[PDB]
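In this PDB entry you will find dexmedetomidine.
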Amino acid sequence: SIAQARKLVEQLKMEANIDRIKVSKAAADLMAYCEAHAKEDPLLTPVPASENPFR
Amino acid sequence: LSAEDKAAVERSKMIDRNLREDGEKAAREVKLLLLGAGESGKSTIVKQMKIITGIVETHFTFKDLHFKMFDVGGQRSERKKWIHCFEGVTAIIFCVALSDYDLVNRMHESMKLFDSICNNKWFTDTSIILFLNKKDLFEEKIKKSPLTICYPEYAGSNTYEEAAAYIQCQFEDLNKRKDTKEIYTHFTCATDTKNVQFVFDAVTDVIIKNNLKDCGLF
Amino acid sequence: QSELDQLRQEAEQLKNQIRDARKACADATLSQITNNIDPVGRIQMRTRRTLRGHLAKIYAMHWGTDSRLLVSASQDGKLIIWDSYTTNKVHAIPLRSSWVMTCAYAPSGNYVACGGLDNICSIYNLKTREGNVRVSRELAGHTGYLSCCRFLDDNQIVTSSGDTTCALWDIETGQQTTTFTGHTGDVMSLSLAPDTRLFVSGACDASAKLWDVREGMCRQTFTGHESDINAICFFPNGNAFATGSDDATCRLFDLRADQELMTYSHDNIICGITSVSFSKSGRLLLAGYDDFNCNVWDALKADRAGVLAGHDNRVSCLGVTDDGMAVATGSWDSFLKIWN
Amino acid sequence: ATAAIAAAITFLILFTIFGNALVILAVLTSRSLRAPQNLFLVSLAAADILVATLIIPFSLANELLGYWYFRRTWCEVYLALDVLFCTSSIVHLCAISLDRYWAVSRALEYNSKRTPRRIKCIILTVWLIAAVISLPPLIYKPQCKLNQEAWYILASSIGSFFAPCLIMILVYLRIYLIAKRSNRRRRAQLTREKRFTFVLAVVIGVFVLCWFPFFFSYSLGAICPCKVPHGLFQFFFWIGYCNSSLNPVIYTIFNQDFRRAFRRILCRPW
Amino acid sequence: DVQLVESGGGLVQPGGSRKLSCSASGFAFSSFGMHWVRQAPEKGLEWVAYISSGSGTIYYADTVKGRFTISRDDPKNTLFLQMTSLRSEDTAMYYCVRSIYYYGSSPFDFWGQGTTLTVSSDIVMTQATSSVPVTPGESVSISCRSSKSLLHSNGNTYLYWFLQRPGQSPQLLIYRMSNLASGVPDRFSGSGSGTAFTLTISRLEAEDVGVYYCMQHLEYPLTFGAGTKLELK
Ligand SMILES: Cc1cccc([C@H](C)c2c[nH]cn2)c1C
C-alpha cells in the first residue's frame, strides 16, 4: 500500500540526475559507427564463393 | 572427399533415426488437455486418474491405452502468450463446479473464461468437453436460494431438472462457431467406471470425426 | 490530511518535471540527418541450408562461439546441436519436460541451458567424457513460466520469467545472487551488452527497462509502444537497441540521448513482430513478423530493403552470427533455414 | 487421323507425369501430411508412374501398325509388367479401403497399432501378392497377345479384380452405415449427408465403371470360350488404363490438407 | 573414473583360433566406435580393425582382412574379437580403444590395458631419430614429416601426437594438430603447415618421458612410423 507508492517516488527521484547527450550527437555517433565499419560487414555487401564457406 | 565424413554422417544418421523412432512413440499416443477454474473441481475428477511448481502431467491408463492429462491452473500468469503452445491436443476438459454461484460472480467469471476458449484463434478445431461437478451437493442448494438471484432476464421453476438443464443450456449457447466442434457435457457421479467411460467414448467420437476429417466425409 | 493521494500525485508531478523535460533538447529528428544517406540496394538472398530434423515447433535458437554451431529446441522435449556447414547434427538431448520456451549457448562453448513451463532452467554439459549428454544443474526459483535466458560466463546466467521479475543465478553455488523486483508487466525477453555490464529487459506493459548487473537496481525505464513487446536485441556498440511489438511498429530506442528515434511501420499487414535482430555493423535490422515473412529494415531510411521467403507457419526466431555471414530463421513447421 | 488420338494418349501420359509425382512431393515436403496413411498414396503414385512410363508408350507402339517388335523375348516381360503394375494398383486401392474401414470401426485401440512399420509391412505384403500374381506368366512357359490356359485366367481374374472389388463394395457400404450413424443446425446436416453420399458414390462408382467391363469381357472368354467382337475389348482396355491417370484426382481433392499443399505448391511461381 | 576390463591367456601355436573380450564401464558404450591397436614388442604400433557405433561400418587394414572377425554386444557392454588361423608373426600386445567422430571430438583419447599373445602401399611416414638428449629446461623438435599433403581445404589436419609412458598404457597428447587433450598440460605447443610439422615442448620436467608417436588419419589404414623416445644423457 504505502511501500508500492513509495518505491515509485524513490525511482523517480533516482532517475533525475542524468547528464544526457545531445540527440544530434547521438545520431552522428550511430552514423559514424556504421560508416567506419562499412567494409567489415559481409552482409551489406555480398562476397564471392572464395570468401564464403557456404557457397 | 569424406576423410572422416564417412564416420560423421553415421552419427548424423543414428541420432536422426532415433528422433524419428522417439517421435512416433509420442505422436501415436493421444493427449487430453484440462482447463478449469480456481480450485473448483480439478481435484475430484483426478481421483481415478492417478497412475498407470509449474505444470505437472498425469499419465494413467485405461483399456491398455495411456492418456496424458495436462493441467493449466498451476500457471500463475496470463494466458495470452502460451495457450498457442498447447495446441494439437485432441480433447480439452473444462471442469466447472455448480455450488459456487452464491460466492463472489464466480459462475459469471467462468462464462467469460469459457467464452475465451471456444472463440480462440488456435483452438478452432479441437472439441471441448465441460464437466458439471457437485451433482448431489447442488440438489439441496435450490430450496434455500434459487438460481434466479442475479437473473432478471430469465424465469423458471425451482425444480432440480430445470436448474441443472439451464446451466447446461447457458454454457452451450456461448460459442460463435458451431460447425467444427461440438461441446460435450456429462454430470459426474460417485462411481468409478461411469465417471470416465463416457469421456472414453467422447474421445472415440472425436477421432471418428477426425477420420471424417481425413477421408472428407464431413 | 490523507496524503496518500498527494503521494499518488507526486508520480505525475515528477513525471511532468523530469520525463517531460525533452522539449528544448530533443529537437534533432532523423529526417534532416538521413536525407543525404546512401541505401544498401535490393538484397537478393536465398536459402543455402534447410535443417529438416525436427518434428515440432521451433521458437528457441542461439549461435555458437566461432559462428559454427546452432542450438535448437522442439516441443517434443528435444534439443539439437546443429552444424551450419555440412547440415550435421551432433548432440540430440532428451528433456524431462516437453514445452521449451527458450534456449542459450555458452560464450566459451561448453554448457547449454533450456527452460519452459515447468519453472526449471536446466543447464546441461556437452564436454563430458562420461555419458556425453547429462544433467549438470536444474535451477528453480520462479512461479510463473521461464521466458528468456542468456549466459554471461560459465558461472552465471540471467533468467527472466512471467513473475514480473528477472534474476541472476550462479552455477558454482546453485542459489541466486539477486532478484530484480520493481516491474509491472510480464517479462518477455531480454538482451545484454557485449561487454556484459548492462542488460535490457522486455515487458507486456510497453516498457524497455535498462537494468544493472553489479549493483542490483534499475537504471532506465522507457515507453512508446501501445501493445506488448515480444523481442529486444541490442546494438553492437552500446548506444541504441530495437524493440518489437504487436502493432507492427518496430521502434529503436536510445540510451545516450534518452529519446525514441525511429519507428518501423508496415502498412500492408498489421500482425505482430515476434523476432528482431541486428546485423554486424548496423544498417540492416532483420525482423520476423507473424505474417509468414522476414523483412529487412534500414537503420536510417526505415524502408524495407528486400524481403525473405516464408514458411507454412510464422517465423519465430532470428539470428545473426558474431562475424555477420549467416542469417538463421526458425519457424513452427520444423524448417530451421539458413539464408545468405 | 489416328496419331493425333495417340497424341491425346500422349497428353494422358503428361497428366500421369503431372499428378502422381506431385502427390509424392505433397508427402515429402509437408508437416500436416506426416501421418502414416499417406505411404499408401506414395506407393499408389509410384505404381501409376510405373504403369505409365513403362507400359503406355509400348502399348501405343503396339496399337499403331499392329505387330510386336523391338525384340522377340520382350512379350512375356511386357505382359508380366502389365499384369503386375495394374494388380498392384488394385490391391493398393483395396488396402486404402481396408485402412479407411479400420479407422472408424475401431477408433482408439487401433491408433496404437497404426505404426509406419505396419504400413510398410502391408505395402510390401501387397507388392508380394502382386508378384505372386505376376509369376505364372514367368514360370510354366508377330502379335504379342494376352492368352493363357483356363486354370490361370479365372484364378488371376478373380484374385486381381473380383475379390478386391467385392471387399471394397462391402467396406464402403459399412463406411456409409457408420457415417450415417455418426451424423446424429439442420441445413449443415442435410447438405453434409448429400456430401458424403456423393463422395462414397463417386469413389465406389468410378472404380467400377473404369475396371469392371474389361474384367467382364476377360472373364466371359473362359466361362464361354461365345462373343469376341474385338471392338469393345480394346476400348475397355484403354478404360482400364485410364485409372492410372484418374487416381490423383479422386483421393486428394476431397481433403483440406492436400488442397492446402497444392495451393502452397502452385502459389510460389505465381 | 572409467574402467576397462580385459583378460589374458597362454601362448598359442601357429594355426589356432581364439576370441578376446573387452568390457567397459563408466560411460555409454553404444555411442563410441571401437578400434583394435596391436603393439609389437619392437615398439612399432599398428592397427587391426574398427567397428562403428550403428554396426554398419567395419574396417580392416591390408594384411589383416579375411581371417579376423569383430563383434560387439551393447546390453552386455562387451567387444568380441574372433581370430582364426594364427601365425608366429601376428601375436603381440593388444589394445581395445574407444573413439568418437564429430566436430570438436577427441579420437583415441583413452585406451585400455589389453591382452598379451605370444608364440614359441600405405602412406609413408618418417620418424627419425629416437635419440635426443634433453634436460629439465631444454626444448625439443620432434621430426614427423608426411608425403601426402594433408590440406583438404576442410581445414582440419589429421595428425595425432601420442605419449607412451614406461610401464603403462599410452595416452593422447595432441589431436587434429593444434588442439589440446583433456588432462594434458600446455607445454605441448604443436603447429605446422601442409607437409611440415613441429612439436615444440618448452620448459621440460622429468616426469613425462616416454615414446612420442605421430599418427596420420586422412585415409585408411592407420599409418605409423618407428617411434621417437627421449633420453636423459
Ligand atoms: C488379370 C489382369 C490383372 C491386371 C491387368 C490386366 C490387363 C493387362 C490390363 C487391364 N488394364 C490394363 N492392363 C489383366 C488381364
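Just so it is clear: chains get the letters A, B, ... in the order the sequence lines come, proteins before strands, and each one is counted from 1. Values below: every heavy atom of this structure, side chains too, minus hydrogens, waters and symmetry copies. In listed order, ligands and their atoms are each counted from 1.
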- request: Determine the main partner chain of dexmedetomidine by heavy-atom contacts and give the name UniProt assigns.
  value: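 Most heavy-atom pairs under 4.5 Å are with Alpha-2B adrenergic receptor.
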task: Show which other chains sit less than 4.0 Å from dexmedetomidine, counting heavy atoms only.
output: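 By heavy atom, the other chains are D.
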query: Which UniProt TM segments of chain D, numbered from the N terminus, carry a heavy atom closer than 4.0 Å to dexmedetomidine?
result: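 Heavy atom under 4.0 Å in UniProt segments 3, 5, 6, 7.
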